[PDB]
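Okay, structure first, notes after.
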Amino acid sequence: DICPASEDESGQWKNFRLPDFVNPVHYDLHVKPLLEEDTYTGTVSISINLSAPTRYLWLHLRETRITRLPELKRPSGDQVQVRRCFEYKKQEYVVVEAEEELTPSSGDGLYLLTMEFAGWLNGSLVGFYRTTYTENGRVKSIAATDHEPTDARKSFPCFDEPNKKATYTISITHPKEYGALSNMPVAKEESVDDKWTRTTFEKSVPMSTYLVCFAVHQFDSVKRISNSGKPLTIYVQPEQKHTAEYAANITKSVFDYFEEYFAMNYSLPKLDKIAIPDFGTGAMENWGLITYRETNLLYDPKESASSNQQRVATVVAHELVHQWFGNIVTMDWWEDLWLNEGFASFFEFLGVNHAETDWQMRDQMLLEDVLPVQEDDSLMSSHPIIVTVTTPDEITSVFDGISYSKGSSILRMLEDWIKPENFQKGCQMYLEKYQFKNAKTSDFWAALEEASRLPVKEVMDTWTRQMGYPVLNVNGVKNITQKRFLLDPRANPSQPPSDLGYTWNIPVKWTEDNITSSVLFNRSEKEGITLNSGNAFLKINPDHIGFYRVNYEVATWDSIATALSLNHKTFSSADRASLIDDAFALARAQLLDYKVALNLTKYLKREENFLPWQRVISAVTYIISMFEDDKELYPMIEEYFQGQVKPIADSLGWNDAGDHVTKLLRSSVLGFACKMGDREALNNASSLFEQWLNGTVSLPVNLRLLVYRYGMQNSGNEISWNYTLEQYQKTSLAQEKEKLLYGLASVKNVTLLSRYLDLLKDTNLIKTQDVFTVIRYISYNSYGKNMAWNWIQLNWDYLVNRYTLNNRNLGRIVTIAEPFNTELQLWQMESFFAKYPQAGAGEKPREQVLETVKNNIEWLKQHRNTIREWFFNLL
Ligand SMILES: *[C@@H]1O[C@H](CO)[C@@H](O[C@@H]2O[C@H](CO)[C@@H](O[C@@H]3O[C@H](CO)[C@@H](O)[C@H](O)[C@H]3NC(C)=O)[C@H](O)[C@H]2NC(C)=O)[C@H](O)[C@H]1NC(C)=O
Ligand SMILES: *[C@@H]1O[C@H](CO)[C@@H](O[C@@H]2O[C@H](CO)[C@@H](O[C@@H]3O[C@H](CO)[C@@H](O)[C@H](O)[C@H]3NC(C)=O)[C@H](O)[C@H]2NC(C)=O)[C@H](O)[C@H]1NC(C)=O
Ligand SMILES: *[C@@H]1O[C@H](CO)[C@@H](O[C@@H]2O[C@H](CO)[C@@H](O)[C@H](O)[C@H]2NC(C)=O)[C@H](O)[C@H]1NC(C)=O
Ligand SMILES: *[C@@H]1O[C@H](CO)[C@@H](O[C@@H]2O[C@H](CO)[C@@H](O)[C@H](O)[C@H]2NC(C)=O)[C@H](O)[C@H]1NC(C)=O
Ligand SMILES: *[C@@H]1O[C@H](CO)[C@@H](O[C@@H]2O[C@H](CO)[C@@H](O)[C@H](O)[C@H]2NC(C)=O)[C@H](O)[C@H]1NC(C)=O
Ligand SMILES: *[C@@H]1O[C@H](CO)[C@@H](O[C@@H]2O[C@H](CO)[C@@H](O)[C@H](O)[C@H]2NC(C)=O)[C@H](O)[C@H]1NC(C)=O
Ligand SMILES: CC(C)C[C@H](NC(=O)[C@@H](O)[C@H](N)Cc1ccccc1)C(=O)O
Ligand SMILES: *[C@@H]1O[C@H](CO)[C@@H](O)[C@H](O)[C@H]1NC(C)=O
Ligand SMILES: [Zn+2]
């Protein structure tokens, strides 16, 4: 209509990327929501630094429409003739053509552009939107924004690139029953009617568009004060006020820890946290207004698990890290996203480590990031940390294991190598140098290279400009050689083409008899190096500190198995987990015989630590998974591993006792017991479940999930399913809801799972934020593995229409096919993919799950007999 679409390419707006010569300085943004109508309007005025002759000005806009022909101002202050406005859909631009070109802003004078826009609050979790909740029987509303990475442009027209930093003064006209929040504190409130209020916020510091946030709400607040004297407050529904307490404690403690560690003041006068009742990601670091999904913020000590406690603490820590890395210093372009996410993923563990001293957090990095992503990054369809992105779908896709976990892992290695004290100072100098501007990876190296004089750029580039990682092959006890580690032995190790040729500069640490030594393994040492007396055993890569795997000689591996059987405590908890993790990965990759790997599990009846058990359970889950339908192998593996956990499972018992890590251990260990078919563990679950159904007995917090899952699995029926469904509706605590959803996915009943799948289309029952979680839970169920898979196929058009191909969670949902392991199942996947070839943000996940399923097929072919032999001979 006004500002209509045109297929005109002849101009610089055909470029995916914005021009270098147009730069915003300041945004004047006003929005007015019609909450009950699911609509809003706004005007935005943008001051523009023009650097080159141009007849056109363009910026990002999606879905939201322009309603008034835009208005441009010369730097002197005069009004500029405008011929046309038009939308260019292909690159999400709205363009305006001036009558006849104009002139760079040479002085302190700037162009001013004003646009009138109207958008929707319904049918979406990005941009500016409204959702509801219930309070004392009344349906209440809350409106908020979510922009990362390319959704600012849905909320309001803007220069929607992270490096187009500008300053912000936002105002909102809302009904008076409501408050309004944004990045900055309130400046002034003025009555429009006796019904409407206009809330104006004070001028922001320069910040990227994706960080710009506002909300209209009727939430209560829980308050805290930083050591700086700034108010740190969490907004929360009155009924849920008590559950905001913990997040308040951790925000205070971690805010205070960080401001000191980074040697830099938090840039805003206040900081707010709020959980939107329906929220599309886990949390979002909007400067001064961090938004949450309830499960990641709201915690009840009387009802929530230790798992939940640690999650809340970590996400809060995480989002707080961004207030420095991401907010103050932002990446120049999304290819450098890890500068944000890896740093947050790394420092989160230090944040919470300060707050909660006996959580062994620094160790837990191995379980949360390091070892999981070493699985991910051993695929051909991984990608380097520095990622080429050319579409919004490509950009959103890279919020993934690589940016977060490998980012986190290579910082962990870097810190240990360069040493913490110097890593600290180097991050500090990087922070003061690039404050309120944008950095590239190159800059962070140079920053740390000024801090250690060590070769940081030379060494870290190898870890960063190519995908994958090495396995160190041990020859003798002491000679090591490096080689790319790929899970698929048939894959071509030189692909895709890398300038660095898939060799790394590896910082290598090893323990000789309780004494530790260091070496940097140069890329150019083509025929390996020797590790610098009188030695019988050499412990390489202690605590799995380096982002690599170590393949000892078979003789050594054998000797490690025996040493574990005799006195496992000889190795640290981490070293055990790491040795077990490498061996099973090496076996998977056909680099070590499975008999050798399995032999390392023999000691387990005496295993008592969290870390080794976690990585054991991870490795076994996969093997068990591949033989699910093998009536010959399965009972044997079940029987074995049942026997290996039984003592620890019995020792810990079905009761909440012990410190944090013990409580976590009991969870995974009792769950594995149940998974492995321990009659007595299953009976504990059923018994507790039956009691829970009696309506009063509040289950031990760290056992609930297991009780709902295995209780429903073993004794669930329509009566208890219906009851569980009601309970899920009735409870206010999102953390409990999510457990109950997992419970409901556990029923061994096709009819009930079918009803459950149908509920996904009902927004009164399942929130939009939870659809993918539920699909994923159902896929874990022995019937539902195929039910969820079939349902996403039948309902693909429906999902795409509801979420759009740009939604990452929709892109990722095909990973429910990870357990598939037959040529039949692979053919199904490929057929579905060929029928719906427009994959959007699902393009990478598709590649990844396909590789995995192919690997599974090969794996079964290579290893069935060997694994069978090992189990048969033992039992
Ligand atoms: C929850 O799980 C518990 C196991 O972790 C169950 O408790 C166990 O029940 C077993 C059978 O009743 C007992 O087995 C006995 O073990 C001893 C060895 O210590 C043997 O001498 C006995 O032969 C053997 N049973 C018999 C009938 O002779 C376990 O000792 C017992 N206790 C422990 C601490 O493991 C719970 O029963 C289970 N709860 C529910 C409700 O099912
Ligand atoms: C590393 O794994 C090796 C390979 O599995 C182990 O060696 C195996 O030890 C088994 C004893 O548990 C033997 O199983 C026996 O096999 C014969 C058939 O050849 C049967 O008659 C026996 O009944 C059976 N034993 C039992 C208890 O049922 C295997 O002979 C033997 N395999 C090989 C290839 O030598 C190693 O022990 C192990 N190393 C460790 C633990 O350090
Ligand atoms: C929010 O609701 C509006 C109004 O119901 C949706 O717009 C409608 O879209 C359908 C087709 O998709 C048309 O049949 C209606 O005539 C439209 N009505 C109006 C007033 O535009 C809108 O699509 C919804 N927004 C989202 C994101 O789903
Ligand atoms: C938040 O911090 C407070 C203390 O700063 C925690 O401690 C509570 O308060 C008193 C005295 O300060 C303690 O003796 C109690 O053990 C605590 N609980 C209660 C119910 O009073 C409080 O636990 C922290 N909040 C959490 C963990 O959610
Ligand atoms: C459990 O819950 C369901 C859903 O509320 C009950 O309702 C029946 O559900 C089917 C569709 O799944 C409808 O076609 C029937 O009309 C429903 N019955 C009604 C409305 O009375 C189901 O009956 C419940 N079962 C038990 C044992 O409580
Ligand atoms: C799965 O759940 C359905 C739903 O309850 C079960 O079907 C019911 O069976 C009972 C007893 O045979 C009847 O009283 C109900 O009328 C049935 N309900 C419906 C909706 O058909 C079914 O038996 C269960 N199946 C399994 C394998 O457990
Ligand atoms: C503890 C974190 C890993 C939780 C995580 N949140 C984040 O990473 C935020 O900092 C992200 N900036 C939010 C985000 C996630 C995905 C796509 C776009 C934007 C999330 O899961 O949302
Ligand atoms: C930085 O923090 C220090 C100590 O907390 C404070 O004295 C100073 O005013 C801050 N600098 C500012 C606000 O520019
Ligand atoms: Zn983050």
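We number each residue from 1, following the sequence as shown. Just so it is clear, the values below take in all heavy atoms, side chains as well, and ignore hydrogens, waters and symmetry mates. Quick check of the header: X-ray crystallography, 2.4 Å. Every number for a ligand or one of its atoms is a count from 1 in the order of the listing.
- The compound at ligand 7, a drug or drug candidate, is named Bestatin.
- Of the chains near Bestatin (ligand 7), the one making the most contacts is recorded in the PDB entry as Glutamyl aminopeptidase.
- Counting heavy atoms under 4.0 Å, the binding site of Bestatin (ligand 7) comprises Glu148, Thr281, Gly282, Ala283, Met284, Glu285, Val315, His318, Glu319, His322, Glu341, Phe399, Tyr404, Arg808.
- Proximity by heavy atom, under 4.0 Å to Bestatin (ligand 7), holds for these of the UniProt Zn(2+)-binding residues in chain A: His318, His322, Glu341.
- In terms of polar-atom proximity, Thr396 is not counted as a contact of Bestatin (ligand 7), lacking any N or O under 3.5 Å from an N or O of the ligand.
- The closest UniProt active-site residue in chain A to Bestatin (ligand 7), going by heavy-atom distance rounded to 1 Å, is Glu319, 3 Å.
- Within Bestatin (ligand 7), the atoms closer than 4.0 Å to a non-hydrogen atom of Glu341 are 8 (O), 10 (O), 11 (C), 12 (N), numbered from 1 in the order shown.
- Atom numbering of Bestatin (ligand 7) starts at 1 in the shown order; those under 4.0 Å from a heavy atom of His322 are 10 (O).
- Listed by number with element, the atoms of Bestatin (ligand 7) under 4.0 Å from a non-hydrogen atom of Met284 are 12 (N), 13 (C).
- When only non-hydrogen protein atoms are considered, atom 3 (C) of Bestatin (ligand 7) lies nearest to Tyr404 CE2, 3.7 Å.
- The protein heavy atom nearest to atom 18 (C) of Bestatin (ligand 7) is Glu148 O, 3.5 Å.
- Lab note - ligands/ions near Bestatin (ligand 7) (< 4.0 Å): ligand 9 (zinc ion).
- For chain A, a heavy atom less than 4.0 Å from Bestatin (ligand 7) occurs in the following UniProt substrate-binding residues: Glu148, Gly282, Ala283, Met284, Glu285, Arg808.
- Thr281 CG2, 3.6 Å is the protein heavy atom nearest to atom 15 (C) of Bestatin (ligand 7).
- Remark: Bestatin (ligand 7) and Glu348 share no N or O pair separated by less than 3.5 Å (distance only, no angle test).
- Residue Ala283 places at least one N or O, backbone or side chain, under 3.5 Å from an N or O of Bestatin (ligand 7).
- Geometrically, Bestatin (ligand 7) and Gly282 share a nitrogen or oxygen pair separated by less than 3.5 Å.
- Remark: Bestatin (ligand 7) and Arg808 share no N or O pair separated by less than 3.5 Å (distance only, no angle test).
- Of the N or O atoms in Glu285, one or more lie within a sub-3.5 Å distance of an N or O in Bestatin (ligand 7).
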